[PDB]
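Entry with nevirapine: notes follow.
Chain IDs: alphabetical, in sequence-line order. Heads up, chain A uses the PDB entry numbers, so what you see runs 5-88, 92-215, 231-356, 362-428. Chain B uses the PDB entry numbers throughout; the residues present, in order, are 4-443, 455-539. Counting starts at 1 for both ligands and their atoms, following the listed order.
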Amino acid sequence: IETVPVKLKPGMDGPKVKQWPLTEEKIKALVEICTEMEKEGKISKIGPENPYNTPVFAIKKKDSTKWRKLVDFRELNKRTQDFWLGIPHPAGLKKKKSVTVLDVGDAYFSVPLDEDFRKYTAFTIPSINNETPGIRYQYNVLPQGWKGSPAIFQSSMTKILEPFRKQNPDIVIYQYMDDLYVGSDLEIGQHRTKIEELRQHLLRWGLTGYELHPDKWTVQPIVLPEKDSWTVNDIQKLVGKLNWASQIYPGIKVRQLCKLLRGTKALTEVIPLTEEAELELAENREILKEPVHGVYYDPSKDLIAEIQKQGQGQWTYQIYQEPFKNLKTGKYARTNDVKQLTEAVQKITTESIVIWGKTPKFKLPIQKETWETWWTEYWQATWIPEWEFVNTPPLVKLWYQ
Amino acid sequence: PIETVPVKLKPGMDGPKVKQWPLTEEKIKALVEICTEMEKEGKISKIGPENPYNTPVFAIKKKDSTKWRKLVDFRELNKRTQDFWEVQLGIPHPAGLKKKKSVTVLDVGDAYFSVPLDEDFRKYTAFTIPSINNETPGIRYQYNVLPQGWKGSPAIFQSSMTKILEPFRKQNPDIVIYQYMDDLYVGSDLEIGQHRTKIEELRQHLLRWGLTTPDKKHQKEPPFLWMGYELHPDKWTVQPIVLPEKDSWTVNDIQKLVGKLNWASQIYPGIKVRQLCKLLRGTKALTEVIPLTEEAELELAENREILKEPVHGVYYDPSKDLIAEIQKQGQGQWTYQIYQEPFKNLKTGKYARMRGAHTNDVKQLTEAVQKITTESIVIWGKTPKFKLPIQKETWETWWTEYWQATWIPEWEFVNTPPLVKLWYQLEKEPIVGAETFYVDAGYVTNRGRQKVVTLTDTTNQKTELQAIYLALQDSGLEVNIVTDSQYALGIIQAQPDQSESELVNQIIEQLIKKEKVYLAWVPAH
Ligand SMILES: Cc1ccnc2c1NC(=O)c1cccnc1N2C1CC1
Ligand SMILES: [Mg+2]
């Protein structure tokens, strides 16, 4: 076919990323997958003259006993030229009742890849204990997980998708990387059928799970304890939480509440609130009943997501672009800690895609080595967000949930 | 013939154009005999004056031998040559090998010289043999095979050996071949006579592509000393390390001793360096002499005993389980051993990495498990089953309440003192009718008690900790402490049982003595 030329951003070179070690199970899986991709000519063995590298992994498909090859193209994506218009995010997708996510990844394999770009896709199947050199390949076709694949495949897709799009415009269709998000308001029964039809209506042309309900996603507000009696200790945690929150909502006063705190009282002394302290609390509570006014999403900025381990299988997360100016807050409840964390990451990432059409940069409360070891045991998404590792302050956890 | 690998020079770069140093009629004579032997062998070919590139050549003799050798200095060609995929930059750990009945090392001769070089790249390998008479020759040549000392040779060679060896490997699934630079370690379980015949079939196979190897009479016999190891077909160890019987120890002596001792820990269990490392404190010169402490020589003496008894590692049996076991050796020190059959160690190790200024044994034990897990995936491709001296309840209590996500794989409690426990627990809610200490270096309690103490040389943060220290000191077995120091709250709430800070170690000493302690933070002004 005719290859559309692709290039790195001006002056950049290809990626040279180290492959994190793999267990014998994942290696065999990859050797199996890659051996047949090679017979089919999708990938080819390379020589020592190609110095590039991208990490590869094997994840399990959901309720399928088969493996999916996952390629960490994050470094290459950052270095691929920006692309060149009929893809901007539909804001209608977040209000839809039902949304189905389909993996249209294999479609990409029928379109060849610019011969000159190919070398940048190099990867290696490592061997155990370095007993053998490691098999090296590069792609001959558009790989799954590269930001260029959907762009280069844009035209061939709009075409196979214009019929359904006008023969059923009650449906919204969005594509992000390897997925197709199909949205509708229909009954969850009407929906699954219309979804199956699109399946064959893509099979017609050669193309081959996840079900969301965005209409039911809501913000997790900052809350205040409501209680029968208030001890000195309660009031203290109250003033501390309120003070933090006042930086987001300046209408929060603590003057009367602080006033009940004067004196060096026993921590357990019950303190009947005055009339002023009571009204003050009331207003504060009123103020926090909704998201601070003003915050808006700036498409030119990064989406940042932070997670906190609360306890008993619960986590809290906020998504912002600027500190204190949260776009969304939420909660996630249940296994082991790592598994929970990966599922919360995937969930928060899907949400961002569905609402803003972008993936967030995560700040994860876990040590790198632990994370790097286990995330693939539980990962199921076909994309990989960027992430960094942090040390959660004990005060912030408190201020959430 | 072996297929050619395409090579290029770094972008926007030309070949090297460097002057051949003035030789000596004598050295010119030699280079001319060498280059002549070589052009008849096809290794090199005279070129035209069409080619403008030049690389310096010279001649040396064999170390402790009377014979001429040709050296070519490729620093410039190399600076300009493209990067290649790393040569084998990670090597096998003995513990991950499987035992063999027989292992043979085949030394490859003229390895590089048997491999062709990219036709369009040959031009950059030009060099010049100078003439003896003024307006006479000045012989020019370029390489046709891979040159010694050139950037891409190890990589291109490894890559090619891998393609040549592939067919043999398919027909001979019985044989295991490891390629390490110039050597080929070949192991099998064939009856010894069958083995010898296969080795000969390998030699034949390699000769078809011009690769020469040593005959049975001249092959090295195990044990093989490789990368600091001593390998047998059936067992492995570090090559014997011997401890000096000096009476005078230099700072430098000790660092060498510690290094060696460290290497030994991978199979010798029980090695200790804590006291020998303490000798290094405040040292002013690599040549300063430090006298040994009663403690440093007990340790040295103990190590010297452990090392007398040679202990070997056993090789991996893939049909069996890996078990990893861990023990607390001392404050902040853990030792582990990984085996398949009891006391038949595949490998041992120590862990002392302190990740942060304050920790507890639970945290540290957990980081020990992580390290071993990563090491295991690398050497054997799977995680072992751990046996730990901690009960699930202690583990769960800490994990469940720590702010970081954590995980420990499949584990069985093993009752091997010392067992890890949490030394104290902070109350989750305030204690009723327990005195309330308000700190800010001094305190004031609800009972009218107080002390504004004096500290000199104290840092901002360290003044905060001190105050808490005071409250803990002058209070009873049940206390409520209110502080505005988010820093203190952070340290203490992590519940450390060991610290770099002496003050922290004191606070810890107090927390262990108390019955119930409750810490609360309140904003500043
Ligand atoms: C250094 C080295 C590296 C990798 N493998 C091996 C060796 N050398 C051996 O001597 C060795 C020892 C025991 C079993 N296999 C061994 N071999 C295997 C190849 C037969
Ligand atoms: Mg105070």
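For nevirapine, every matching ligand or chain, copies included, can be listed as ligand 1. Here, the chain sharing the greatest number of close atom pairs with nevirapine is referred to in the PDB entry as HIV-1 reverse transcriptase.
Under a 4.0 Å heavy-atom cut-off, the other chains found next to nevirapine are B. Among all protein heavy atoms, the one lying closest to atom 1 (C) of nevirapine is B/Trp229 CD2, 3.5 Å. In terms of protein heavy-atom proximity, atom 6 (C) of nevirapine is nearest to B/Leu100 CD1, 4.0 Å. Atoms of nevirapine lying under 4.0 Å from at least one heavy atom of B/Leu234, given by number and element, are 1 (C), 10 (O).
Using a 4.0 Å heavy-atom cutoff, B/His235 is listed among the residues neighbouring nevirapine. Among all protein heavy atoms, the one lying closest to atom 5 (N) of nevirapine is B/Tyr181 CB, 3.7 Å.
Nearest to atom 18 (C) of nevirapine among the protein's heavy atoms is B/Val179 CG1, 4.3 Å.
For the ligand labelled nevirapine, residue B/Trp239 lies outside the 4.0 Å heavy-atom shell. With a heavy-atom cut-off of 4.0 Å, B/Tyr183 does not touch nevirapine at all. Residue, atom and distance of the protein heavy atom nearest to atom 10 (O) of nevirapine are B/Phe227 CD1, 3.3 Å. Within the structure, nevirapine has B/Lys101 among the residues with a heavy atom less than 4.0 angstrom away. Remark: minimum distance from atom 15 (N) of nevirapine to any protein heavy atom is reached at B/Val106 CG2, 3.8 Å. Which parts of nevirapine touch B/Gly190 is read off a 4.0 Å heavy-atom cut-off, strictly below it: atoms 20 (C).
In terms of protein heavy atoms, atom 8 (N) of nevirapine is closest to B/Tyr188 CD2, 3.5 Å.
Residues contacting nevirapine within 4.0 Å (heavy-atom distance) are B/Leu100, B/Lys101, B/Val106, B/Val179, B/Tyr181, B/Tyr188, B/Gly190, B/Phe227, B/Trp229, B/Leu234, B/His235, B/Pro236, B/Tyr318.
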